[PDB]
Amino acid sequence: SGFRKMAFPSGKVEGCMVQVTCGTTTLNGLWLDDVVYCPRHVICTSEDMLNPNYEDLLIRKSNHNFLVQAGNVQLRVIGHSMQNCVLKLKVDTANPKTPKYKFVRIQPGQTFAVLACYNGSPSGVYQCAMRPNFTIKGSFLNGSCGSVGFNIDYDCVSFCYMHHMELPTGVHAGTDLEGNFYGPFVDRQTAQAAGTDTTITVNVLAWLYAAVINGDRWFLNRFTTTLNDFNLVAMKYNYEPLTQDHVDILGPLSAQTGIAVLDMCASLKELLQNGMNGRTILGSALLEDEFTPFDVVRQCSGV
Amino acid sequence: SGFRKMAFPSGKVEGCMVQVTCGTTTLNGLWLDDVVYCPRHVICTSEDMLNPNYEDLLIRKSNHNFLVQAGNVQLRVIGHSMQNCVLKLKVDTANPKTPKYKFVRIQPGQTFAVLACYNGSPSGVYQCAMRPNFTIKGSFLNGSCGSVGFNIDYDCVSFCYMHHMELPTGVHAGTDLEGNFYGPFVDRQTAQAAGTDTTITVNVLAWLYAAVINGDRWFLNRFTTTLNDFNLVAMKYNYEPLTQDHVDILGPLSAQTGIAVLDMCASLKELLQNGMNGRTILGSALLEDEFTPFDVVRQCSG
Ligand SMILES: *[C@@](O)(CO)[C@H](C[C@@H]1CCNC1=O)NC(=O)[C@H](CC(C)C)NC(=O)c1cc2c(OC)cccc2[nH]1
Ligand SMILES: *[C@@](O)(CO)[C@H](C[C@@H]1CCNC1=O)NC(=O)[C@H](CC(C)C)NC(=O)c1cc2c(OC)cccc2[nH]1
């Protein structure tokens with residue numbers, strides 16, 4: 001038993017992390033087969049980042065302008081190209097530790113593991129959720145760009161995020177591995193705001209089921225609600241709407257606890273209107289929304 | 001910026017997890033050099049775990065009774081021994097993925113990464129804090145014994161925890177890599193209770209230093225205190241007493257912010273006696289006690 005935010009093992013990703021340097025600008029790259037993926041703004045200087053014409057700055061660069069370091073060995077760049085905001089550097093050596101992998105664009109509300117790296121060296125790993133406003137609440141410092149987010153299904157690593165930016169509010173923004181940003185952000189040195197953040201309702205419900213499976217039932221109530229009436233209250237409290245697909249996705253958790261999804265909605269409705277009154281749920285004083293139904297099932301099945 | 005419960009990358013430990021099976025009992029082992037370490041109760045039968053005499057049980061075991069597998073490849077056992085609650089199985093193959101490592105016994109309050117493992121296959125990694133009552137609030141299922149907790153300094157892996165037991169309350173207990181249980185538990189199929197838990201004072205102070213570093217410093221007062229006066233006060237609010245080592249590992253943060261440790265102790269004392277008065281610290285009205293002074297520096301420095 002027990003329930004904590006838990007990331008997939010990062011070993012298969014650590015073996016792909018490299019360092020990319022152009023001028024006095026350094027960040028992390030991802031080395032899969034004979035191509036290294038990194039944020040394209042590595043080709044910028046301090047002055048270029050204010051408003052960079054990347055296509056312009058890229059044609060003016062030569063292969064030998066890119067220093068790529070895999071641990072202690074230097075990889076030779078034998079070609080370069082740009083796909084959206086991601087620079088792709090072909091190299092003379094294929095990474096022998098390349099795992100079975102795929103590039104996936106994650107949906108808002110879904111979770112992934114983040115391997116924070118600095119100077120091409122892994123530093124830490126933690127779970128994040130792609131929030132509705134397409135930011136993530138991570139822990140990134142200077143030099144963390146190029147760090148990637150991922151999940152692992154059996155032995156296949158699905159890469160879904162590469163880090164680029166920290167917003168003024170302290171949250172973080174990035175691209176998928178095709179170089180497309182999540183959210184309306186742009187890779188220029190400007191202060192950018194995200195859209196209004198909402199709470200991932202299906203995740204809050206799943207996390208409440210995790211509390212019941214771990215013995216916490218104090219928030220339950222005898223009342224029930226309709227899907228529409230719950231959504232009215234949810235939208236009022238800046239919660240994402242709950243769809244029938246979400247109700248279907250919550251089925252297994254409902255069958256294990258014997259609590260109908262719409263019964264848990266009434267319990268969440270009361271929590272939103274009455275509050276927790278100082279009480280805690282699974283140790284938290286706030287309603288947690290960064291656990292997916294999958295995340296919960298994978299720690300609370302059999303308990 | 002940003003504060004997360006962050007775990008060390010698990011790759012150096014993933015390459016060391018194996019599966020150990022005796023009869024039908026399977027759990028996880030740690031393969032370092034030519035030795036596999038694992039919980040000794042792997043030699044017990046289902047009905048035998050009520051009050052095992054591990055010394056007699058081991059007498060009835062030979063090298064050929066132990067099935068050690070890295071993946072599906074069997075590692076031949078060429079010797080066996082018992083050290084406290086851990087079994088050391090000498091194997092014929094030295095693990096080529098063995099990292100530079102050491103065995104450490106952590107103190108209550110310190111944090112470490114836990115690599116959840118099942119049938120020798122890593123499944124997840126998360127960060128834990130060793131409670132003052134020698135328990136960790138983790139996520140462990142059937143088959144998780146033998147999973148290890150660890151820290152990584154540069155390229156050295158410091159192993160500090162091997163999982164053994166889930167308590168009736170849902171928290172977990174285990175040993176260091178020398179087989180010595182953290183806390184007053186024993187490897188036996190019985191419901192054992194942990195001592196009443198307390199708040200990790202040293203970590204709360206680290207958290208306050210973190211708030212100061214970020215410009216959130218309303219709680220700094222004009223008082224100071226002796227270490228003894230603070231301890232006696234802290235024990236009345238279910239807070240751990242501080243040691244000399246606790247004062248010492250707050251040194252870097254005290255020097256970074258210019259706030260003497262005992263001045264911050266006096267600030268904490270005020271918060272304990274008078275509450276927060278609706279105010280928040282780093283966006284929360286609850287004082288957090290699962291980040292060590294090192295975790296704070298790592299996430300404010302780099
Ligand atoms: C990468 O490491 C750059 O290689 C870096 C990521 C962080 C720095 C601190 N915390 C992080 O996660 N990314 C940046 O510095 C990006 C650069 C590219 C061009 C987008 N810039 C920002 O993240 C950024 C710029 C500004 C800003 O301007 C002026 C004003 C306010 C916030 C801000 N963030
Ligand atoms: C290991 O996997 C055993 O190999 C297993 C750990 C977990 C199982 C589920 N969640 C875990 O963390 N360990 C045990 O089952 C141990 C075996 C001991 C070391 C011999 N037993 C317990 O942890 C345990 C026993 C009892 C009990 O008795 C009866 C009564 C109440 C709780 C309890 N926990």
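First the proteins, then the strands, lettered A, B, ... as listed; each starts at 1. Hydrogens, waters and symmetry mates play no part in the numbers below; they use all other heavy atoms, side chains included. Both ligands and their constituent atoms are indexed starting at 1 by order of listing.
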Student: Which polymer chain has more close contacts with ligand 2 than any other, using its name in UniProt?
Tutor: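 The largest share of contacts goes to 3C-like proteinase nsp5.
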Student: Any chance you know which drug is at ligand 2?
Tutor: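 PDB records name it PF-00835231 (bound form).
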Student: Please list the residues near PF-00835231 (bound form, ligand 2), using 4.0 Å as the heavy-atom limit.
Tutor: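 Within 4.0 Å on heavy atoms: A/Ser1, B/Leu27, B/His41, B/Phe140, B/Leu141, B/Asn142, B/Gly143, B/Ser144, B/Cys145, B/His163, B/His164, B/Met165, B/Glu166, B/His172, B/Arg188, B/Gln189, B/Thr190, B/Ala191.
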Student: At less than 4.0 angstrom from any non-hydrogen atom of B/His163, what atoms of PF-00835231 (bound form, ligand 2) do you find?
Tutor: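 So the atoms of PF-00835231 (bound form, ligand 2) that pass are 6 (C), 11 (C), 12 (O).
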Student: B/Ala191 heavy atoms, cut-off 4.0 Å: which PF-00835231 (bound form, ligand 2) atoms fall inside?
Tutor: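 So the answer, numbered in order with elements, is 27 (C), 28 (O), 30 (C), 31 (C).
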Student: Consider every N or O of B/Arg188 and every N or O of PF-00835231 (bound form, ligand 2), then say whether any pair is closer than 3.5 Å.
Tutor: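 B/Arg188 vs PF-00835231 (bound form, ligand 2): no N/O contact under 3.5 Å.
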Student: Which chain residue and atom does the covalent tether of PF-00835231 (bound form, ligand 2) reach, if any?
Tutor: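 Covalent bond target: B/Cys145 SG.
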Student: Could you tell me, atom by atom, which parts of PF-00835231 (bound form, ligand 2) come under 4.0 Å of a heavy atom of B/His172?
Tutor: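 Counting atoms of PF-00835231 (bound form, ligand 2) from 1, those under 4.0 Å from B/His172 are 12 (O).
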Student: Could you tell me which atoms of PF-00835231 (bound form, ligand 2), counted from 1 in the order shown, lie closer than 4.0 angstrom to a heavy atom of B/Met165?
Tutor: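 The atoms of PF-00835231 (bound form, ligand 2) under 4.0 Å from a heavy atom of B/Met165 are 22 (C), 23 (O).
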Student: Using heavy atoms only, determine which UniProt active-site residue in chain B is nearest to PF-00835231 (bound form, ligand 2) and give the distance to 1 Å.
Tutor: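 Closest UniProt active-site residue (heavy-atom distance): B/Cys145, 2 Å.
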Student: Are any of the N/O atoms in B/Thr26 less than 3.5 Å from those in PF-00835231 (bound form, ligand 2)?
Tutor: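 No, there is no polar N/O contact under 3.5 Å.
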Student: Can you pull up the source organism of chain B from the entry for me?
Tutor: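 The entry lists the source of chain B as Severe acute respiratory syndrome coronavirus 2.
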Student: Taking distance alone, with no angle check, do B/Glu166 and PF-00835231 (bound form, ligand 2) share an N/O pair under 3.5 Å?
Tutor: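 For PF-00835231 (bound form, ligand 2), there is an N or O atom that lies under 3.5 Å from one belonging to B/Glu166.
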Student: Does B/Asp187 reach PF-00835231 (bound form, ligand 2) with a nitrogen or oxygen that is under 3.5 Å from one of the ligand's nitrogen or oxygen atoms?
Tutor: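 Looking only at distances, the answer is no, because the N/O contact criterion of under 3.5 Å is not met.
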Student: Most residues of chain B in contact with PF-00835231 (bound form, ligand 2) fall within which UniProt domain?
Tutor: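 UniProt domain: Peptidase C30.
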Student: For PF-00835231 (bound form, ligand 2), which atoms have a heavy atom of B/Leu27 less than 4.0 angstrom away?
Tutor: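 Those of PF-00835231 (bound form, ligand 2) that fall under 4.0 Å from B/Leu27 are 4 (O).
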Student: Could you tell me whether B/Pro168 and PF-00835231 (bound form, ligand 2) have an N or O pair separated by under 3.5 Å?
Tutor: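 No, there is no polar N/O contact under 3.5 Å.
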Student: Against heavy atoms of B/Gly143, which atoms of PF-00835231 (bound form, ligand 2) measure under 4.0 Å?
Tutor: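 Here the atoms of PF-00835231 (bound form, ligand 2) in question are 2 (O).
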Student: Report, in ascending order of atom number, the atoms of PF-00835231 (bound form, ligand 2) lying under 4.0 Å from any heavy atom of B/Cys145.
Tutor: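 In order of number, 1 (C), 2 (O), 3 (C), 4 (O), 5 (C), 6 (C), 13 (N).
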